[PDB]
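Protein chains get the first letters and strands the later ones, always in sequence-line order, with residue 1 at the start of each. Hydrogens, waters and symmetry mates are skipped; everything else that's a heavy atom, side chains included, is used. Modified residues are rendered as parent or X, with their additional atoms omitted from contacts. Displayed portion only: the contact tally does not extend beyond what is shown.
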Amino acid sequence: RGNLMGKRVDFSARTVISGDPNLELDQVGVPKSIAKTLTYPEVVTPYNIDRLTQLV
Amino acid sequence: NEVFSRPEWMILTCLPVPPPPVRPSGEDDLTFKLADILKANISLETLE
Amino acid sequence: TXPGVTXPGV
Amino acid sequence: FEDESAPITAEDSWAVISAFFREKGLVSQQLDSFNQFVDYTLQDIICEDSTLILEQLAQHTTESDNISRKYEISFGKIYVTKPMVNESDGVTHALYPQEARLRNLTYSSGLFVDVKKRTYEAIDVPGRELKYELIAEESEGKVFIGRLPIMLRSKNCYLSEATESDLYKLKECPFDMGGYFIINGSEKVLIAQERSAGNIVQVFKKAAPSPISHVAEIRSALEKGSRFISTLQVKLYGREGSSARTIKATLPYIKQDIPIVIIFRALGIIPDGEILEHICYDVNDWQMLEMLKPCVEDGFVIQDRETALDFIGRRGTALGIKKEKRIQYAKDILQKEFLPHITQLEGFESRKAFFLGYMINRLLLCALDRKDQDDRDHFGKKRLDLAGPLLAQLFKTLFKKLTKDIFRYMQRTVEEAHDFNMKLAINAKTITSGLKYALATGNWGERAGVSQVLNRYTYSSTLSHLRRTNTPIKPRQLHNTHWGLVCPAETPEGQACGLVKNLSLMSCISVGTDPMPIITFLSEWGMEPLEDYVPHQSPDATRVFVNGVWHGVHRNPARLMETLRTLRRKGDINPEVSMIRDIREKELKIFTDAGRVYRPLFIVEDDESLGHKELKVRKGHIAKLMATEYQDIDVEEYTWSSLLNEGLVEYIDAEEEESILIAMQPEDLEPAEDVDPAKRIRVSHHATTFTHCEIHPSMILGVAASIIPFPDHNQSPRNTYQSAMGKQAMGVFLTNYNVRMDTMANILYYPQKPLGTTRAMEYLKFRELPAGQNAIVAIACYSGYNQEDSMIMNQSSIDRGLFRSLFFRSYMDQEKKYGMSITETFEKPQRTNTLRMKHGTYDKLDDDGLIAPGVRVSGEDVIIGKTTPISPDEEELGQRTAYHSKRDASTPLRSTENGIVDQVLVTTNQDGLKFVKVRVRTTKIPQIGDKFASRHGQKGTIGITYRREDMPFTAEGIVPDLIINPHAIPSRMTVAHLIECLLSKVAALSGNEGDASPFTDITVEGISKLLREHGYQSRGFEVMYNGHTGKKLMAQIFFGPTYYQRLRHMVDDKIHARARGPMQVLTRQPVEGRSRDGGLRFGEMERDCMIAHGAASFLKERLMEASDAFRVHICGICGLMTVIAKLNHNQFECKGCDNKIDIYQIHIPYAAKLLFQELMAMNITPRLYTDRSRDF
Amino acid sequence: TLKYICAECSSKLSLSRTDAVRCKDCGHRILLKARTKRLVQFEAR
Amino acid sequence: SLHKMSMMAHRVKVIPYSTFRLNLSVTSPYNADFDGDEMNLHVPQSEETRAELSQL
Amino acid sequence: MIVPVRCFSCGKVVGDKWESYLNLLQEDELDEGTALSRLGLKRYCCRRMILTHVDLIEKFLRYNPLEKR
Amino acid sequence: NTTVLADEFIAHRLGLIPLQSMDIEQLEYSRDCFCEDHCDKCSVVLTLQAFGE
DNA sequence: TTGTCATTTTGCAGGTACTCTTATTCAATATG
RNA sequence: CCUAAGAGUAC
Ligand SMILES: [Mg+2]
Ligand SMILES: [Zn+2]
Ligand SMILES: [Zn+2]
Ligand SMILES: [Zn+2]
Ligand SMILES: [Zn+2]
């Protein structure tokens, strides 16, 4: 129950929530520090070589 | 089961000792219990 | 009961 | 005023309350209990038992040495010194609390006892009785037996007699109240432990399945003896429809429930008529006789006392006594184990028989539906163990251990014939270590959480912690008897709701007194002794109980109660003693034991001059109290003890509160009988027979609830929320916070006393140490950014200092002697000769390894440089040489925190090794996500912050500091919030202070009239203009000052994210906690939600790639992971199966691999196979 | 060497590594390190 | 997170403050207020998980 | 702690009106409202700024200085 | 600073002190001045030195 | 050659996340 | 580092 059915995971954030009438229904506001910590791995492709190089 | 679980296998004659990954070290509680088991086994063997 | 509040019984 | 005997008004009672708090204080119970323990209980513990006698027999093989010796050691008076500290060099000097706090010492004082050693000698002549005589070697010589920790401001502390100037000199805050210990430099407070009272008979019904229907039990215990709990139970077998209704008693150390009549015959009452007389006091009560006949029918088999004693011995569980000595064994059981609280001596069989008859009488009354079963939640049946009794029982156990050790040492040194020395005998480490361990850790032994770290977040938080009671575990409900003794609405919301309670403002706990003077008074005044009491000749006799011990009967209870009341009202009887007269039950109970919770009340007498009931207190006493208070801020002093000693006020606990009638207020309820529609509806009770009057109803509240303005206009859960939430409010906890090295401290820049204030909050020093600010609040749906409890804070107001805070954090570091010459050293580690040096910069450290104050420090920077010696001459790791003889043990700053180093303190510990404390200061400025709340449970976080130009503004240019949503008001029904906003507006305009006391005659209509007289709309509405366009808002806005607290929950201390970080060593999963850069728990029911969504691949990615993915090899023959895989050589081999070409690799969580290996270690084979052997 | 202040005398002392941490004026065993000499910058906001 | 609607896929909007920001209408399925509630964020690490998270 | 320099809401400077306020309260025996009106604090924001201030700095000054020159 | 107030507390109080700004148009913003940190064309330097004698 | 009915023993586990602090690691007698 | 205990946040 403590390590197989449920376990601590990477790539997760937690913080206080606030309301925003100017956000869409399916949008979530993410602090810039959290966005700088959490990452996504994007495979280098001819279609996205330029922007990935710029991010690097 | 004839192949996987016979009744006489419910009696322990050989204890499988788990590797240190199971009981990483200040020793773990399992290490101390296994030391106690070994001490008791040696005492019984010497007495016999 | 339960447990808690075995069974009953067992 | 002019008339001396004129009746007082409701305003005058506050003078009485002022006098009370001038004499008692807020933490009076802690200090009183500790002073009682030190002054009297230690001597009693020392003197009781603690007389070690060792009789070394002659053992004479030859008659030449037929001499038997007897060594005895006795303990005389005990001397407790002022607190002092030893030192590494051996120099002992006086220790002050603001030295022990800094140096991590224990504020304790040594204990000495006058030990007298005597030796007796006798001639060992067989047959002749031995006669021992002194040899005139009487040696006596105090010895050091340990150290008792001393709570601050107690009678034995340096600060007890200190003046305000002296307290300032000693770096002690005058507002500090004391009542806590300093254990290893940490402030520890003993939570008052609740328990059921002893020596009280309680009768309880039983459920249908059980054979016993009713059980009468007493938790017998003696205070001046072994202090052991022996539970006697009297059980009535058989249900209502059953015929064999036999009553049986559960004696201690007996395996069976003996019938009651057997016990009566064993005690010495043979005839059935005498037994029934001892049980039933009414001849006409034939129902009880009919219900009790089965007992005598059962016991008819035994008709003799010796037979009954033999029966009990036969049932005795020892089973190691011959038949003729079973009688003696039973006698011992009935003397030293049956009802110990009555007596332990012999010759008092009649008293115990009478008490047993009384217990059976109560049981039969409850079974006959003549009285309800006793309520377990009645607060008069509960006792609060304070520091006194807790330390007393702990010290009793610890000193018993010490004296057993002394006896063992004496036996060892006399059997080995070695010399005897007192210093080698006593081991002060026993007492010292035991007390320090019990106070340092929560556990109370050798219960948990008895001692807790004193809460120093805010002054009110400290006060509430010092007056806290815990009940070990409906008990959670607020009982009726809780009125005026515990706060009606102050309790945690969690699992401890109702179990953890807080004392009312005026509630005190009795410290216990000796009941011998009261027993002598009773005997003198005409109490019949119980030995020669015959119920038939005295049918209507009132039974007199003292501390649960039936001492006899009185034939004129009215006069006895009147004279007892007079004696207690002139001080001849200690006022803590509670006396209850139950007329219907014809009982008189006197309680003097410790732990009883009481409160003061005005006394109402006949007052024949006015022809009607009136308070004993008049305008003259109020004038004298006012004069004394003014002189304190030359005439005769008039204190609270003066009111107590002249019969003006009385101490009443719940048991006595059962038998009195109380008037809520004097001005409306004492005198005999066009009303303001704005005033609340009250009734006069239509009854004039009052015995007491409430000093003030607002005193039923606790410390935390006394801060709430207009608590009677709020829904009660809101009051509970504010009570729990004001302890988290931010303010000034102490005035000397600049000289304290606390682990965490939060201080407001500009604390403000509330505009709406209560009368009870100037005894709590809230106006001197406020924990909030008066913010201009507007209740408006302005921008939609304050929805769902969010708030809009004015950014310009923040820029000018609103709710700005200081935050201090202290890091402590010691050097420890790992060996004789393996001492650690504070220094600046060098990368050339140090191991495990952290990635943080060491540059800010100077030569001694401590950052000088004033240097800005950021996260992960090293602030304390420490190294420890290790074994040299080791080569590994690639860059480890013999030069690396030092391992780095430095202390870095918190990863998520930064600031300016404020102060560093270097000193020596108890052992004499240098240790340091580093206090770092930063400033917390309110931002989006910080939590703020009014004093009415209206919590909320900052949604957004607008500058001044964007906020709505009134015609006068006033803009709100805060904007809160209207939708928070109607559902929560926090009317007190609106009333307090209106009152604060009026108070700010008029310059006065708003009296927001709960039960005053202050109405909304009057406040509105004052506000209208100031030129504003009477209901607080104001015409406001939109900030963006300047156009008028179509709706007028509720606008005004309101008191807000900044809570401890800031967003910067809660934000956390983790892409990849440290993993647990065992399960290879992310560690727990944001302080360790841990990972969030993807629990079971999150997995269930993802299953419901149908996203299988996301679940697999969460459970394998995000947490722990392990590749392990198995074989197709046996599913076990016992495959040796040399990957570099490309060789796979499962020994046993002897295969090398039938190996597979699988990806499973490392936790799964660990589970399978643990199952294998537990003789289970979880064989994993990669193909199906059976069809679906 | 490095400078410290007695917590009670408020006097200034210079301590080396081998010096026992005491105040020579009174004997107090609590010392506070002296304020740093490098300038400190604060934003008045 | 008593039901599946208490765990939903949102689109990131990077914002310059330390709180998660969400629409007011989505607070009902989450049973979330802004009186100090904290919330959790998980980032998919592959195209398959990303796609099924956005489409389911 | 010590009197705030400016009123939080409107920004009127009130840090120079503390000693005058105390002098008016003590020497002239004026009540709080009249003293506040005399100093020019007409809006209740400034009035609550000055009226509710607690001068804790006096307590801090009672303790002996840690670094005495 | 041997006083009872924190350094940033006093810094904040000093930042709230109103200063004469009649000729503020003749001063330049520090962000668009060629100096390194502060010069005479874009700033005014004051000194507070007090002793409790 | 079959029902009978009437006392004495039988196992226990308690929601989901999250934050912080504090203490403690067997003492002491005994032999190398 | 582990363990235990206590306090607390949102339900
Ligand atoms: Mg909420
Ligand atoms: Zn195999
Ligand atoms: Zn000194
Ligand atoms: Zn203002
Ligand atoms: Zn410049």
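The drug or drug candidate found at chain C is actinomycin D. Here, the main chain in contact with actinomycin D is recorded in the PDB entry as TS(template strand).
Other chains with a heavy-atom distance under 4.5 Å to actinomycin D are given as I.
In the deposited entry, the molecule designated chain C bears the name Actinomycin D.
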